[PDB]
Amino acid sequence: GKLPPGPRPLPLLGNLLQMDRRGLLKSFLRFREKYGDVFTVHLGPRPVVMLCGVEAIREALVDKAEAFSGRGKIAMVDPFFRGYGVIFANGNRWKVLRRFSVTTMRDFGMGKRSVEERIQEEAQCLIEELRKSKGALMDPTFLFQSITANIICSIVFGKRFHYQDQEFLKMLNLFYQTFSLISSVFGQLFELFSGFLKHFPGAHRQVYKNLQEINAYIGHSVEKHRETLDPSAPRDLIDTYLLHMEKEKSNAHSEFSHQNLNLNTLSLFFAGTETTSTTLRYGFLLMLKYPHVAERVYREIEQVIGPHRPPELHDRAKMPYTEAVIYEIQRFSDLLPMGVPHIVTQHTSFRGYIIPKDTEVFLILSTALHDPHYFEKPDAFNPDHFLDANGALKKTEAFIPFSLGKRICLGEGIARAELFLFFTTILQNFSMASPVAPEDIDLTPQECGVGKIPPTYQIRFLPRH
Ligand code: HEM
Ligand SMILES: CCOC(=O)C1=C(COCCN)NC(C)=C(C(=O)OC)[C@H]1c1ccccc1Cl
Ligand SMILES: CCOC(=O)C1=C(COCCN)NC(C)=C(C(=O)OC)[C@H]1c1ccccc1Cl
């Protein structure tokens, strides 16, 4: 047939006057109830196919990966990245780079210090800092952003930064800033009417500016790296890349070397940004609303790890309640209700509809995370959602906060490690508190733009002896 069905569009407004205010996703859900799991929405002049439910998403990224493994455009930032980097690249440029980063993560810490090892130290760093607090009320946004960044700085640069380092705090704010700029009213509108709306200055000019600045730091650092390279003792991800380049220069067709080192790197920071920090931020609001969940976790830790030695990844298996409490957190948080845009690469038949080469496509993962067929009463927080009768860990087809298929999250490994190690280590050492009663805690996500973001909150961490 043709493009899946959906609301009657206007000429260059598409379906935009029909949306909700300001529950965009909430709009998408109203269309769902009218059109099914496979509708088309005209976001401005552009046609975008939406897909809901596990079956649909899976049919597309897994069953039909030949077609649906494209990355869709993101106007606010494509003028900078220009197609470079794992999250942004398509075709051969991506296939070549995805592979390299994959093998590099796989073999990292083979020679040098392991990712776990890095997370553990950041963790211990974190706790001292949290203790230095002396049980004071704080907003932890800053720190969580810090620790997550640090882990990627550790991987890529071979080092972490002191939480007070100003060179650091500046760089950080530059990211956060760039993000909320794309999250804004404008960045939204820029993504639509960029065709004409790029001439004028906007937040897009500012965003390039901010990305350019950060990029200066990466180029500088790559140089410092070329000047201290030991071919037989790679310290970091940079060191590994630069080496790949040389062995690569002795080929004939280095698709790899024709690529912008800096951007690739920046893009990796971008990807991992605002990622875990948000989840963790959400995590501890939840532990304030459900303290009895917090206490149980602690007890498991005390039971399995005890009060002194640093939790480690191996503990995971033996701690199913915690792995469940973490899973439910991710599920409930719905970081990216809509994934990251895809485009289809070949013309394709999907549920007897005909989708054209180059159509943008959204996998609405919120709908998988909230499938009442897999999660009883899905709008509430419940770890049990990942436990059986026994209380053994219960994994499901539906928990795909990381998407599925070829483009599936590059940092899942890393991500899951962070969440565990940070979550347990904090909790090993501190109980939580807040001026606000559990039953007064508002969980309502901000849903500002394309991400879900928890409301802001005061928290204090409390030591145990
Ligand atoms: C809780 C944190 C995270 C979540 C929920 C998450 C989820 C996702 C999702 C949904 C995608 C898009 C996949 C798709 O197209 O369906 C993705 C892609 C990606 N993520 Fe994450 N991610 C997280 C953290 C990270 C981190 C820390 C990194 C840093 C290494 C990262 C790096 C990437 C990269 C590089 C891609 C694109 C790779 C590719 O497209 O081939 N993610 N992630
Ligand atoms: C293509 C890069 O997008 C990301 O990496 C995002 C991220 C980064 O994590 C996604 C990578 N796993 N999260 C956030 C917060 C995003 C956002 O737009 O917040 C306003 C998204 C995001 C940022 C910029 C543009 C689009 C999106 Cl979805
Ligand atoms: C492609 C057009 O961009 C938008 O209109 C968006 C919008 C539309 O904003 C409507 C404001 N009236 N917001 C959301 C949620 C976006 C998003 O990516 O969430 C997944 C962004 C968005 C959608 C698709 C691709 C990129 C972005 Cl930034």
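Heads up, chain A uses the PDB entry numbers, so what you see runs 28-492. Any value given below was found using the heavy atoms of this structure, including those in side chains, with hydrogens, waters and symmetry copies removed. Whatever order the structure lists ligands and atoms in, that order sets their numbers, starting from 1. Per deposition record, X-ray crystallography, 2.8 Å.
Against ligand 3, the chain with more heavy-atom contacts than any other is given by the PDB entry as Cytochrome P450 2B6. Found at ligand 3 is the drug amlodipine.
Residues contacting amlodipine (ligand 3) within 4.0 Å (heavy-atom distance) are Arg49, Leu51, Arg73, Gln215, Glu218, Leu219, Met365, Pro368, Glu387, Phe389, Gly476, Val477. In this PDB entry, the source organism listed for chain A is Homo sapiens.
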